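One structure below.
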Amino acid sequence: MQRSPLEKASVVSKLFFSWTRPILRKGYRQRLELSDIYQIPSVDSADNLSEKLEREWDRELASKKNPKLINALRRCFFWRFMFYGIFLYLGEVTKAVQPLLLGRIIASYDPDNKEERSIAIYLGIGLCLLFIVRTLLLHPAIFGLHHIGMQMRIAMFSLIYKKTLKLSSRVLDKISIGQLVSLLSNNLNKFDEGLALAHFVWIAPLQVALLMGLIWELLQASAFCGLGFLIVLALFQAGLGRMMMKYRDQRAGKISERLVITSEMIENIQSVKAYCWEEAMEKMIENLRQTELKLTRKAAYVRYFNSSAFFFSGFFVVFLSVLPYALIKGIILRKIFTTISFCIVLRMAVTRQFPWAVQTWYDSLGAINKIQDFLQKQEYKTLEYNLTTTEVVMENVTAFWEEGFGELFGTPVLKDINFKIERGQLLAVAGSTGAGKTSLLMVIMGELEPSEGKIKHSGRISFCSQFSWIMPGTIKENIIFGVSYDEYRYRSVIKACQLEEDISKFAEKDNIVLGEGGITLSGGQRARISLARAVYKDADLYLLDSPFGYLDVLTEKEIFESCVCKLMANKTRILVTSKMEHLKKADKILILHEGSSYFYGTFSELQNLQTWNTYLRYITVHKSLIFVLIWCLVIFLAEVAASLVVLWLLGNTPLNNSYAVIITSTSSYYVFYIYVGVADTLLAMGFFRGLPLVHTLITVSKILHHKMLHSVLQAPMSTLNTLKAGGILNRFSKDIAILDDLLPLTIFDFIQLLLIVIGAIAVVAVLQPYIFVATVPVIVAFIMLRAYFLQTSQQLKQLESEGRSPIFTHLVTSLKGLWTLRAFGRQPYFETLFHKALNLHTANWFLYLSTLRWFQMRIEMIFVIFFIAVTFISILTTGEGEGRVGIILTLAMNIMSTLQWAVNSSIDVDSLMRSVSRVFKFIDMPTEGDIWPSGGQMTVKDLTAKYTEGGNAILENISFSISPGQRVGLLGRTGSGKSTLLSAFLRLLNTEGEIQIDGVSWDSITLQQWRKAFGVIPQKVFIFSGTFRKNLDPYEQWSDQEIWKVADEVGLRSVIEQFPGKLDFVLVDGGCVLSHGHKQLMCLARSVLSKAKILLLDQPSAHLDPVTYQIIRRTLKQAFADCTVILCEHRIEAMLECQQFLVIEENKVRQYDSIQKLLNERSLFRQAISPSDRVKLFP
Ligand SMILES: Nc1ncnc2c1ncn2[C@@H]1O[C@H](COP(=O)(O)OP(=O)(O)OP(=O)(O)O)[C@@H](O)[C@H]1O
Ligand SMILES: Nc1ncnc2c1ncn2[C@@H]1O[C@H](COP(=O)(O)OP(=O)(O)OP(=O)(O)O)[C@@H](O)[C@H]1O
Ligand SMILES: CC(C)(C)c1cc(C(C)(C)C)c(NC(=O)c2c[nH]c3ccccc3c2=O)cc1O
Ligand SMILES: [Mg+2]
Ligand SMILES: [Mg+2]
């Protein structure tokens, strides 16, 4: 890493921004090298800005009765804020005094021998000094203010991430990810750039006050009659401002709901593709955009009138000001041109600078109120007593989940429970699905607080969750989990948990970079890593929430006898399990039932008891847009044509006539200057040109999102395992919101300003030729410097834009794995790990931000340099009477003012046009591409399975044949390939060979038509946010009576009746309200509804007990009558049902007819079988 060149730099270098110069020269010739990206300055790091504001916020919490976050921000930013404000004031004041100096220099070309001709040179000197001071006075203050705004945002972002880790288990149900992601995605670039515009609240009034006097000098009565029109217009904009904000709050609720649906479906797309929910998910996301875009359009139409106010005002402010003075006294052109020059600044001050400044203050404080509201919430309390006899004691405990019934005190999940545990013995927590076994562990950890009862143990605890969580990184980084490495400990664990088999198969042996969640691995592999993490941790208590769910019996025995009873000796360790073998070796047993202790004692006792392309493609999405743009241009040509013949008549005039005083001399060089002043209004886009342009540009973003969401869903699996969670969630949140909100109007201003320049030059050029020639040398200078700047700016903007993903990627996983982070207590790791992601983004954003102010300053300096040259050539060459050089040049330089604004607008479009470029990359992804399934017989021949293209072959030369209406068992060691074989049928991963069904092959039919033959039950369960009926059939093909007629057989009768809205209860946080057992029965019903003749079952009974399993076989015997079944199961009770068996090992298959033969070969796998299951197989 290279250190910041800002650190060591002279006042000149910092003032003129010469320290940014290297990266432009480096970026112009070549592609940007990672080496060239400088380290962030020491001032604005994540640690310091956290440390500073954290201290000031707890001080605010400690002192005041009702604390406010703005008070905390005030005491560490206000002086440096106000320090730049006084410079930004003086830099703005100097724009208001330019008309006085320039106006005289213009008047000094007049043949009539005025005093001006005396002072002209002194004004010539002074006006040059007037420009030089402003250029140096404005830009540093803006960068200074941007730099403060960046520090403010980083400081809060860090306090949100510290706060969110200490947040209560009660609150997590209410606040989804969409709440957090939107809050950060909104403020990310908007807040930083804002603090430039913030000050103009108090700059604009003093500017109006200053300007009004200078006008009052010229026009005594009418100036106030003018101002009145702007006071009327200012209130109209304040009206639109309040109206626009109300549309934004109605929409904000809908965006949060779309992101949680969009996240969930892409997070586990492998299930979405298996069930064939493309039409379902697209229609669901489509319906949420209807409400959103309605409120976007209404917000967009209002903002047009706010934006357009400046351009229309121009003519009317001057007209109402000159007209009264004209009638009573009579006016000179000089007097008209001087008022025009004051009015341009006065409008800019009151019409664009004033309403933008206020709108920023609403957004900032609005944002700070949400953060302050988020910071003062219910926190997870800690009450650990390290003093103990290492005796984990529980007595007379009851607990309710929701606040209502618990506070009022529905049945509690635990009641009248008690147990004592000595150190050096394991507890067997047994019961049926929904007994409260997880709920019991949640009370011990203290995530679920008890209403009545008392807990006490030592603070040190270890936890193994039922849903296995893999943070992004290496298997080592997962197993050690943010502590020092130990060769003797690490190796003894992996051998005890026996991952040595699975780790050795991978190319990079130990350390492979696992994605968000670890979908690279299988169900059994994740569980053993989750276990290894819990084992490697040292603590007084080890909680294990059924880690033998996805493991085969041979592995389940070996790991239980090699880890739990060997490596974990002389420790209290409460275990969730439902097998006789585990309860036999166990010391004390606890059998829960309907949240009540059915039995408590010992096992002995229990038995005794009972670039051009990107711009072009965007325009040619929607055909309306190209018609509207042509329709604007033909009307533009008409108004350019209209002004031409007006000025042709006006200039050709042959002129008691007190209305307007003109003479041959004055006429020539004021009539044209007046036109350039009022050109902004004459060429302005009226509601007819404005509204449809805005309307279509929103309709484009609607079409672009549909294609993008459509293309992502039907892309191949390999491409979707490449990209991250935060990478998907970045675009759909931030880069779709840019095409809806910012881009539609940033274009309008760019077009509006571009037309005004062209049309003004055109009319002036056609009428007087030399001005066109005079502009060219200034025109080329801006286009030259623009083409030079963008070569660096474009490349920086992509690094910064793709530099966001790390912040989101981390925020997703952190939240999902929150319960283990607090179990182990690893917040200090994750905070410092999160600080990096902000620093990375700061390093790219700060660099892009600083490079801009260079271009902003240089473009102004180019103008100043040319103006200084123009003015001296004007004044010095001035003849004795009618000097016809300075006239022509200054008129050009009066246009280049409008162009300088258009070039700055042209950069603001290009930066937002990076968003649409990154959207098209997601649209341009590759694509995976009599009654038919009669009997359902399959024929596999020379099949090969691999995930990556040209990688390791998981299965090789596979070939077997199933007969019609036959049940087939599938089995093998954890990580054999059992899932890969089931995925090979649906052909999700890329394969070679052919699987032919009922004498018809793959290549004879389409994929989406092929996949509607199979009814799947995947290994990982997918429950999106919605109602039960929606989760049971998204297409809504079946009736309520039909769903109820299925619900009884799978036995969700009692499960649903618990909740208030029967089949209308909206599930949240990926269906966290249901227990692990009910999620398996949810997938079962979903398959029972979808009446298929072939169906695949990737381990139906994962964590189901022998009682609940009776439902699986009951529904498998009755409902699935004549259809062919491929049953991939670990429990041995399931093997009684199916006839043929497939065994996978050594990347190959073995088919068998009888169970007795299969078990006869493998002695170890036969000895593994439970005594209670052994009597069933062998009579
Ligand atoms: N966050 C929650 N909010 C509301 N109810 C919940 C929540 N978590 C669990 N429950 C409910 O509490 C009961 C017990 O759930 P718990 O997960 O403790 O059961 P379990 O015995 O661990 O089940 P399994 O055998 O499936 O693992 C169930 O009825 C479940 O729906
Ligand atoms: N998405 C993937 N990308 C790369 N390799 C993968 C992927 N999924 C699985 N594998 C590899 O294939 C092996 C077999 O995984 P698979 O899920 O088919 O096994 P399984 O027998 O179904 O496991 P389980 O006992 O957990 O059900 C894994 O151990 C891993 O090495
Ligand atoms: C009839 C005709 C000539 C097509 C026409 C009419 C108007 C109205 C009626 C809106 C003044 C306008 N005016 C506008 O479109 C205006 C657009 N934005 C504004 C913002 C603030 C204040 C006024 C306007 C405005 O008049 C323009 C026209 O070209
Ligand atoms: Mg459970
Ligand atoms: Mg599997």
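Here chain A follows the PDB entry, giving residues 1-409, 437-637, 845-889, 900-1173, 1202-1451 in order. Just so it is clear, the values below take in all heavy atoms, side chains as well, and ignore hydrogens, waters and symmetry mates. Just so you know, ligand 1 is whichever comes first in the structure, and atom 1 is the first atom listed for that ligand.
- Most heavy-atom contacts to ligand 3: the chain UniProt names Cystic fibrosis transmembrane conductance regulator.
- The compound at ligand 3 is the drug or drug candidate ivacaftor.
- Residues touching ivacaftor within 4.0 Å, heavy atoms only: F305, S308, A309, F312, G930, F931, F932.
- Segments near ivacaftor: of the UniProt transmembrane segments of chain A, counted from the N terminus, those with a heavy atom under 4.0 Å are 5, 8.
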